[PDB]
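What follows is a model of Capsid protein, VP1 carrying bound pleconaril.
Quick note on labels: first sequence line is chain A, next is B, and so on, each numbered from 1. Reckoned from all heavy atoms, side chains included, excluding hydrogens, waters and symmetry mates. Only a selected region of the deposited structure appears here, and contacts were counted within that region alone. As the structure lists them, so they are numbered: ligands from 1, and atoms in each ligand from 1.
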Amino acid sequence: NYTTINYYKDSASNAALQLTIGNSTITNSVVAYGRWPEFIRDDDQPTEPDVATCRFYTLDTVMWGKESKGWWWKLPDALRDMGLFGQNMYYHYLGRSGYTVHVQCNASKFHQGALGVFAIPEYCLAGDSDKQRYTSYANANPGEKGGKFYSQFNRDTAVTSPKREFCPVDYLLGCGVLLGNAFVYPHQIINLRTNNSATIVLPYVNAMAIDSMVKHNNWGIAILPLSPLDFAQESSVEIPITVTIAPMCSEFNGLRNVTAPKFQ
Amino acid sequence: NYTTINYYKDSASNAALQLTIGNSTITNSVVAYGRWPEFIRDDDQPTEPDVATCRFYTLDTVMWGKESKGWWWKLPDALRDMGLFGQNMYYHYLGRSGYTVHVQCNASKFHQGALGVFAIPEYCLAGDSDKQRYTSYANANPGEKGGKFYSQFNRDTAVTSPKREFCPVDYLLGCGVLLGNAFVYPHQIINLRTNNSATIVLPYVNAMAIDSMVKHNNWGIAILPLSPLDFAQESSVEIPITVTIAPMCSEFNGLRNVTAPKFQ
Amino acid sequence: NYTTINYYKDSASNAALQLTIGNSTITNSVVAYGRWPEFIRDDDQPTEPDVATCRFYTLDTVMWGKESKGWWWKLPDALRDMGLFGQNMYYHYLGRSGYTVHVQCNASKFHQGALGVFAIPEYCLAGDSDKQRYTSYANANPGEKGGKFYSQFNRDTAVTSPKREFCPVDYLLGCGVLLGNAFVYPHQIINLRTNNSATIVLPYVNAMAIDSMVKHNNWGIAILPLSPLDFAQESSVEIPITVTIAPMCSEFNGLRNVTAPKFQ
Amino acid sequence: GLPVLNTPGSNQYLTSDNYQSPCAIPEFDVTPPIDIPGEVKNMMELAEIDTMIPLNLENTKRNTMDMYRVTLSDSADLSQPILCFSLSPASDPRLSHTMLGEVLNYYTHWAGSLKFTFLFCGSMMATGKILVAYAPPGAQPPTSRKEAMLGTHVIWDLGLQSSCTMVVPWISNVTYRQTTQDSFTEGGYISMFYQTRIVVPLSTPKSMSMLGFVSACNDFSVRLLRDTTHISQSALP
Amino acid sequence: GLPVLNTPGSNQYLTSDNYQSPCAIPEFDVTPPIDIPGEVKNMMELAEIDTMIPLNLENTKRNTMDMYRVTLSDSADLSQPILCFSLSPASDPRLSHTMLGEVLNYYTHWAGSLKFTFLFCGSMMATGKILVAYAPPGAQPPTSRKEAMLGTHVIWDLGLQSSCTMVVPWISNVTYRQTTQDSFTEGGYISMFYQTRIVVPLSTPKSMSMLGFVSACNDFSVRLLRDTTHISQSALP
Amino acid sequence: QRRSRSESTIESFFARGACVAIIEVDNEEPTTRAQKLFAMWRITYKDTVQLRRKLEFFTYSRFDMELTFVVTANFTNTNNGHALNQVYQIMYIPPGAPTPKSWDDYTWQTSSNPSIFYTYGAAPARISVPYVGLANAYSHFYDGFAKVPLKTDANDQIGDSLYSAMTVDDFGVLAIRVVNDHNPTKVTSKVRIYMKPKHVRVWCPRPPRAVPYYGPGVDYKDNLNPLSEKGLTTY
Amino acid sequence: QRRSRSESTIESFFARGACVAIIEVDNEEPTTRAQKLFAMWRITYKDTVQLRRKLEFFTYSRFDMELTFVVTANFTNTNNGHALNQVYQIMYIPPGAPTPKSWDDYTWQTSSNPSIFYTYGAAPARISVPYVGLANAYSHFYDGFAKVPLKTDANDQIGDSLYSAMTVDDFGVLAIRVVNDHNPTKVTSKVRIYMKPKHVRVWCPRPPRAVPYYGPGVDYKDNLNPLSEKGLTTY
Ligand SMILES: Cc1cc(CCCOc2c(C)cc(-c3noc(C(F)(F)F)n3)cc2C)on1
Ligand SMILES: Cc1cc(CCCOc2c(C)cc(-c3noc(C(F)(F)F)n3)cc2C)on1
Ligand SMILES: N[C@@H](CCC(=O)N[C@@H](CS)C(=O)NCC(=O)O)C(=O)O
Ligand SMILES: N[C@@H](CCC(=O)N[C@@H](CS)C(=O)NCC(=O)O)C(=O)O
């Protein structure tokens, strides 16, 4: 074989069913990257509410019709005002947690339509102005209500009082990539002719073992209608969509006074 | 001895009688390159008509006189309309086969003359115009009839309606090489004073294990009079020449609808 | 010791009494380079006349006086017309042979003088004109008679009909080197006060194992008076000198028709 | 010192070379890594993931969500194909911008089998049968079911199964195919036809949508890395 | 670092050198080979294949088929030679353009024996005898049968055998001969004569043709590769 | 044998040098008005688009770096004289270190900062750098801010920060100058920087960019119609 | 000993560098009219005749390649000034990759395409290439077409193709430019490419060309009388 000896001392120089959680119960699931949520490994005492925070919280129901273009949420932003989980978030400097997301949508055998649910790590969205990275904290953290997609890019032509809001586009996924490839991310498809619910399990993903839960969002959830809703020969159709999220294996550290962000 | 060590990881960087086949019988032979036809080795299920295609087919007889300059055929082009072999050719995308060629020419003890039969792999012929590689598919695939050689280069001086035909030259072998060296190829000599027939066995030769039989011809057969025909003190002499070809170890793959080339 | 490794694959790149022969008898000898004549080693059947060609032939006698400057002969040229040796020379393309040379010169106790006999391999002589290497074949192969030396260079100032002859000079040995160093070659000295004959044995010397005997001469014989001849108080003195040469271990090959050079 | 001789190629910079160079920050304490989910070892792993195909690239539907949907109806012409395209994973516009196509556009040669999936998004009360056919190259592209059924084909029942999968195997004369358009290395054709028609009862939609996905198999390989044409630049920041 | 001293020849490009250079396409998956008939290991193998000799290079027959044919007749002058040439495989016009000559024109030195074959293409009713002679160099080229028969020769009977073979052995003073014309390395002469005349019965052709072939033997070698004069160029595409 | 995937590995996928910076430096007589006697470049891989697009296939990465420098010089006028061979100084300034304000200030003493001296006409310069990430891996995408506005803040600018940005200064800068004094004739020069990742690990594959980049972020402005027209039933 | 056939082997027969390409590149001020600021050469061995004739002794071949580049520059005028040493960029563009339209477009970033930067006055550049054939061996002769016309085709141009050709684009191209900006004086340069096969295997020996080449194919136009005159009974 060919001979090789490394000269320098540095390595760089070298040549190259029912699910019950806590006091909540909901009656196949998808695990992101095949990794179940877990606590920090062996390699300041953390606080861990075993059941006061690891349970299912239900968000506000939304309506799906013939003109809906999609919805998106950010985690852990969406759960900032849910029981003691939010209190622990705002009373500590460092936090960590995984999630279990459950999407519910029921219809009849005479309806038709398909929804795509995508879980995206580090889901960064585009703005609505010539200025770059000018979106504000308040607009980037809607909370429980979340946001919506659009079919076109509407530039905010107002220099007097810029809105500083996102302008996602459905077929660009709001980030400049084609929607067809979004299936690279963890995903589920709800087809009304086969099923009525979707489930995803998300572990903690980040470049650090633990990070602030207030200034950084680890996950994004996007729901988009792949096929339009229809029902018999009716002009208008509307059905509800519900989202339920459960924290799992949550840890907090850095206890001090409480944080009170200015949301408008 | 001298010392040498290879440094780079890449190898390129390193310093440098009766013969019966199927339902046919014909009453010494030459094997090209000393390799008998064989099926593909171990290294989509192929179709293989054992006897419906591996048999002797006889082409149209030609006449040899005192002014004949030669004849040429292309394989597998010449057998495109022979029984089920052609049907398999045009019903499949990939084909493979070897051949057995038998040339027959009989005369009397008072005749004299010599024929040279040459089997050429990748037999590419020259055109008849200033434009390069402008010959058409129809003219390059004559079929059973085949083509003929010429004693001089006749340029096609017609830009209105170019013929787009080959213009082979006998002493240049139709490809820009001297005829005397054509014996480098597999060959036979029919001398009327010793024998009356020739036989050659051709294996499958190509850069690929299997290839299309419609857009590529693997073999060419060339017959040329090395010595002119003569008989007693007669002014005109004509005798027949016959060619019989048998496919051997033929395989086909890629079954779909039938292909119908436009031959004029 | 110092370390060295050869890198390139090529070696060049690497850093650096009575003597009876056949039917002849003649009543100390010198062997050139201490090598006796021998036949070709183990490393077309040659012809070898064992005794029809290996015998003593006597040339024409010459006269030595007070003004003689020397004589020279070329071998095998001098024996081209001696019995069957010449016939074998001219009937074959390749020849090989060694020689035994015997020089005879007798006088009285009252004479004085000294002769030097030199055997020279590849004895090339100088011309007699401004043109270089312009000597003719006929003049360069005198034969039995041989040639003579001169005490000065006589230029042939005749462009109309150049002679194309050698012009040897005694003190330059006819080749541009001082005579005193000619003793580097195999040599003998005949001093009239001690002896009267000389003998030399010459093996076959050439860059090839065998070569043509017609266009190339392997040996040259030169006889020069080192001391002038004298006798009592006489004005004129002349004595005879005789030369006898015997081929030894002669081989021939390449039999065809006979060669007839044009000697004038 | 030690004698040496300089050979051709000295003092040149080849961007694909692999040599050793000095480190400008010696004795640096590198931060240790952690186990992050989603590690990737090979780019082919990305090409094995199914992604939607923009089948409908009509003028008014391209660059829009509807380009991912193919319409099906109970009153369609049963003698005409539903969709047709060519087996050019990197050059065909309908396959070039998929993840498989994006990966292939960084390479020059490709080989292997492909997997196509079709999803039916109608009502549970709809029924029908479809024929999905692949034809190797060499002959006329199929224009009718009779021609298509002579090649490789699969029959799909909508009622029993809402999704269908067809594997296109590797059948070629050369060992590798080019990622650019070239007749000498054409791959074949893919077509779809109605075996039976779509039947729906009353009070049910008569029109529905179908989706398509493509992916590579474990016997897929690429060769000769090269730059892509999907990104450009006109000015430097 | 390590002290070094640069020697003469550094930073030069010799076209016949053999060094290592970096690879511009690392980690390439090469297509494996297959067993293709007709593999060649040495160029001498091509020189051992017999090929026709254009013996008749007359003005009106050169560059034509008839240049490969030598005429024989029953009324020819029995005292004159049929054909004559010199043993110069690479420089003689009648041997230079043969396969042996083409191979030799790429080299400077050659050595070894040669094989000549002659084929008779008359009728079965014709009979005769021929003498084929080789003469080593040094003497006058033979002009009559009496001179030719003194050298190497073979007697050929047309009736019994239609083909004859003569082996010219290696007989030379130097170990290698030049591929160019030079009197110091001349090879000899080849001649043909009628031993008896050609006899034919009535109702039979009186004229016939003969063909010639040449090849090398297993004891043939070449040396000092060089460019050939059989191909030229005047403009670049 | 069977086909292999040797060249589709991450290491093979990133085993090429890519340009990331073209920097202009001039040698001439200093004057009152603005000049390019020394240049400062902020380190980043987003100036170009090829390596950026290749890297953005994944969310997280961890690798070492190899940097190569190619220098090309030329004249500007032809009636001022000639010049002798020049020497270029390249200094790395990490965050917090003092920055030059002139081509001949004390900061060029480089007592602690690493520096390279390059002689024109020699082989292109080359160095290697280890992984210098504060966290356990590099983050190509960061959904968050560096500050959080608070209700008790006096004004709204206290907590304002750019979206999807970690640090104002990251990885420092490179300062390039010509050490030689000024000849009577001006001489211009360009330095091209080529970057090659080594020992690469990646996580969380991501779909590639489909529309032209617009700034360091994921924003898009123009050319939002990449796909072309084709027939539904057209081969 | 006995004579050997060491130098008549295939490897020894092809163990020499042969020129295949001479390419002209100029450095000057860009202008509206046509210029040679960057050159693109299509890879092939048929531009010259020596290596082509040597290779065409056989029908099939399989080998790796060694490429060497020799660069020679000169001036054109003598009343414009002088120039500094130049740097040349050579980039390999495989089929399907974007091609440059100017000497300073984004395509020169060479994020994935291999490239060589050469400094004038140094040793000639050199690289090696493996066997990159799609099939199991290279085909010097191909008797066939790439398309087959069909009776159902709308027109005759659908199935028309050149005889004895496989692919329109094979092996890609090489793009050569001068990285340095333009001096006031124009400078011309020529790049000569030399090719050496290595690890050679061949199949199906073929008689050599006897008449001048005419195009990439086997066509012949002029000089069809190679042999000279000689006497039948003349030694
Ligand atoms: C992700 C990612 C990684 C990087 C670049 C990190 C390396 O940054 C550098 C560079 C480009 C050069 C030097 C450097 N060290 O020494 C020199 C000098 F000597 F050339 F000046 N330059 C040091 C660092 C940390 O940017 N984004
Ligand atoms: C038969 C036959 C073989 C060939 C040439 C095949 C090799 O083609 C090349 C060449 C000539 C150069 C490169 C190349 N790789 O890198 C470079 C660069 F770095 F110099 F740009 N050039 C790559 C291939 C495939 O052409 N005909
Ligand atoms: N003299 C002509 C021809 C130059 C040329 O390119 N010649 C070719 C052969 S026609 C060649 O290979 N020349 C040798 C070389 O320059 O390497 C010119 O200068 O344009
Ligand atoms: N032609 C313009 C653009 C030059 C330029 O910097 N081009 C960029 C891409 S927009 C590039 O990478 N060019 C190739 C290079 O010079 O390395 C100029 O000269 O200012």
message = Do you know where to find pleconaril in this model, all copies counted?
response = ligands 1 and 2
ask   = At a cut-off of 4.0 Å, which other chains have heavy atoms near pleconaril (ligand 2)?
value = E, G
query = For atom 19 (F) of pleconaril (ligand 2), what's the nearest protein heavy atom and its distance?
reply = G:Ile116 CG1, 3.5 Å
query = At a non-hydrogen distance cut-off of under 4.0 Å, which region of G:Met65 contacts pleconaril (ligand 2) (side chain, backbone, both, or neither)?
reply = side chain
request  = Measure the distance from atom 8 (O) of pleconaril (ligand 2) to every protein heavy atom, then report the residue, atom name and distance (to 0.1 Å) of the closest one.
outcome  = G:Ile43 CG2, 4.1 Å
inquiry  = Suppose we measure from atom 26 (O) of pleconaril (ligand 2) to each protein heavy atom; which comes out shortest, and what is that distance?
reply    = G:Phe171 CE1, 3.2 Å
For E:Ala24, the pleconaril (ligand 2) atoms whose distance to one of its heavy atoms is below 4.0 Å = 15 (N), 16 (O)
ask   = Heavy-atom contacts under 4.0 Å between G:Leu67 and pleconaril (ligand 2): side chain, backbone, both, or neither?
value = side chain
inquiry  = As an exercise, identify every atom of pleconaril (ligand 2) less than 4.0 angstrom from a heavy atom of G:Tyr138.
reply    = 1 (C)
task = Specify how the entry names chain E.
result = Capsid protein, VP3
inquiry  = How far is atom 25 (C) of pleconaril (ligand 2) from the closest protein heavy atom, and which atom is that?
reply    = G:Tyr92 OH, 3.4 Å
inquiry  = Which of the numbered atoms in pleconaril (ligand 2) are under 4.0 angstrom from any heavy atom belonging to G:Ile90?
reply    = 21 (F)
